[PDB]
**Student:** 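Below you will find the structure I want to go over with you.
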Amino acid sequence: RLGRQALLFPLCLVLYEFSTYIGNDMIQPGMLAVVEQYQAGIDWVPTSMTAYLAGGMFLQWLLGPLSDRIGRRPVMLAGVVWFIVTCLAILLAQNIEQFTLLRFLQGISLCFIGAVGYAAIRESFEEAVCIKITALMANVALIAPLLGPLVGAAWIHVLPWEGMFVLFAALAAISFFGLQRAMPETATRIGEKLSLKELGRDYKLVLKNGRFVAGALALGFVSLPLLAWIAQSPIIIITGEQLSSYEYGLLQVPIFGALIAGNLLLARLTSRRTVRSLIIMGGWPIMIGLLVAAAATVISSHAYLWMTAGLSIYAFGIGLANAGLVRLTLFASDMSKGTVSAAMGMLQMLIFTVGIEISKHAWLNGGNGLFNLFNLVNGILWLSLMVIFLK
Ligand SMILES: O=C(N[C@H](CO)[C@H](O)c1ccc([N+](=O)[O-])cc1)C(Cl)Cl
């Protein structure tokens with residue numbers, strides 16, 4: 001059962017990952033239907049993603065050391081079950097507030113992927129095989145924001161939005177049974193005590209590292225325009241520009257195609273290039289992309305093609321530079337990779353959570369110009385942290 005069929009474990013971890021990612025990505029275009037069904041304002045549309053990501057930073061710090069003490073199996077499986085239950089519970093929401101609360105509770109399921117599931121992969125599989133699994137997880141995470149809005153935009157013309165959550169729960173159910181028969185128990189620290197004050201001691205120690213913080217924050221700021229696009233794309237395009245769901249879906253193609261193209265180029269150049277130079281290389285289309293989108297929409301607020309072009313060029317730089325910065329940020333601290341991962345995960349989520357809300361009020365008040373102007377300052381914040389980060 002060990003050699004061939006142990007791949008069911010990473011496979012099911014991947015499937016669970018995908019279901020939680022489209023859990024955000026399929027829902028965003030569906031938020032228009034949701035918000036119309038509850039008769040709520042369009043300002044709750046991006047907040048759906050905010051609450052989801054806020055839930056993802058909630059148990060982050062806790063899950064890694066906890067699953068180390070009580071085992072990774074019961075923690076991972078409990079997480080998948082929690083995702084299924086919360087996905088089904090949102091059908092009873094009855095209110096946009098309660099909908100957002102359950103959105104938050106769903107987001108907690110995100111914490112289980114990296115802190116426990118992936119920790120088990122790192123423990124179960126050799127550094128060799130681990131690399132491939134991480135690559136598969138990276139590929140899938142690239143496919144979600146590309147396919148999700150496409151499928152989601154089509155879904156609301158056929159089936160009710162409630163059906164999407166039944167879909168996520170279904171895919172998660174498959175991962176559950178798979179993981180239940182596949183995932184090994186890798187936890188070393190059973191049954192050792194868990195000290196919250198010593199745990200908090202570790203997080204205060206990583207936050208004292210100057211280079212780490214700069215790199216972790218930079219990851220947040222630089223990816224914020226992309227996530228803000230994902231969050232606000234339905235209301236910017238469909239409600240704001242009065243375009244259709246077909247145009248909405250079409251515009252996602254050059255943007256996330258360029259993201260993928262960026263990673264593909266990254267994969268080809270990684271042997272002859274150093275992550276430091278990849279950052280500088282990705283830096284150009286990132287700054288130019290954000291500049292083009294801001295400038296064009298300050299001139300003419302209604303040009304979404306210039307904005308999309310800009311976001312596409314920027315997403316290409318992201319694909320190239322980001323995986324590199326993740327490595328450097330990880331290796332900028334000598335502490336436990338679990339504590340380090342959770343810290344940078346939470347720092348990014350904080351920037352995403354607050355950033356999406358800020359981005360929302362930017363667009364509500366100033367339209368597209370302000371949306372892109374705020375995305376531009378985020379790029380400059382990333383650039384600013386880069387000159388510090390190296391050297
Ligand atoms: O960030 C998330 N989801 C985003 C938006 O839904 C999406 O899945 C995504 C995935 C990868 C990515 N990337 O590689 O830069 C960006 C967004 C959370 Cl589900 Cl972790």
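Position 1 is the first residue of the sequence, and the numbers go up from there. Both counts, for ligands and for their atoms, begin at 1 and track the order of listing. Just so it is clear, the values below take in all heavy atoms, side chains as well, and ignore hydrogens, waters and symmetry mates.
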**Student:** Would you mind finding the main macromolecule in contact with ligand 1 and telling me what it's called in UniProt?
**Tutor:** Multidrug transporter MdfA
**Student:** Which drug or candidate compound lies at ligand 1?
**Tutor:** chloramphenicol
**Student:** What is the residue-level binding site of chloramphenicol (ligand 1) with heavy atoms closer than 4.0 Å?
**Tutor:** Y21, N24, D25, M49, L53, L110, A141, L142, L226, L227, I230, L259
**Student:** Can you pull out the closest protein heavy atom to atom 19 (Cl) of chloramphenicol (ligand 1)? Residue, atom name and distance to 0.1 Å, please.
**Tutor:** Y21 CD1, 3.3 Å
**Student:** For atom 17 (C) of chloramphenicol (ligand 1), grab the closest protein heavy atom and report residue, atom and distance to one decimal in Å.
**Tutor:** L227 CD2, 3.6 Å
**Student:** At a 4.0 Å threshold, what atoms of chloramphenicol (ligand 1) neighbour a non-hydrogen atom of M49?
**Tutor:** 5 (C)
**Student:** Could you tell me, atom by atom, which parts of chloramphenicol (ligand 1) come under 4.0 Å of a heavy atom of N24?
**Tutor:** 5 (C), 6 (O)
**Student:** Could you tell me the residue and atom name of the protein heavy atom closest to atom 11 (C) of chloramphenicol (ligand 1), and the distance to it rounded to 0.1 Å?
**Tutor:** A141 O, 3.3 Å
**Student:** Got a sec? I need the transmembrane segments of chain A, numbered from the N terminus as UniProt has them, that have a heavy atom under 4.0 Å from chloramphenicol (ligand 1).
**Tutor:** 1, 2, 4, 5, 7, 8
**Student:** Please report whether atom 3 (N) of chloramphenicol (ligand 1) has a protein non-hydrogen atom at a separation of less than 4.0 Å.
**Tutor:** no
**Student:** Could an N or O of chloramphenicol (ligand 1) be found under 3.5 Å from any N or O of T20, whether backbone or side chain?
**Tutor:** no
**Student:** Quick one: nearest non-hydrogen protein atom to atom 9 (C) of chloramphenicol (ligand 1), plus distance?
**Tutor:** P145 CG, 4.0 Å
**Student:** Where is the nearest protein heavy atom to atom 18 (C) of chloramphenicol (ligand 1): which residue, which atom, and how far?
**Tutor:** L53 CD2, 3.6 Å
**Student:** Just to confirm my output: which protein heavy-atom neighbour is closest to atom 14 (O) of chloramphenicol (ligand 1), and how far is it?
**Tutor:** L142 CD1, 3.3 Å
**Student:** Name the closest protein heavy atom to atom 16 (C) of chloramphenicol (ligand 1), giving the residue it belongs to and the distance to 0.1 Å.
**Tutor:** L226 CD2, 3.9 Å
**Student:** Considering only protein heavy atoms, which is closest to atom 8 (O) of chloramphenicol (ligand 1), and at what distance to one decimal place?
**Tutor:** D25 OD2, 3.0 Å
**Student:** Which atoms of chloramphenicol (ligand 1) are found less than 4.0 Å from any heavy atom of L110?
**Tutor:** 18 (C), 19 (Cl), 20 (Cl)
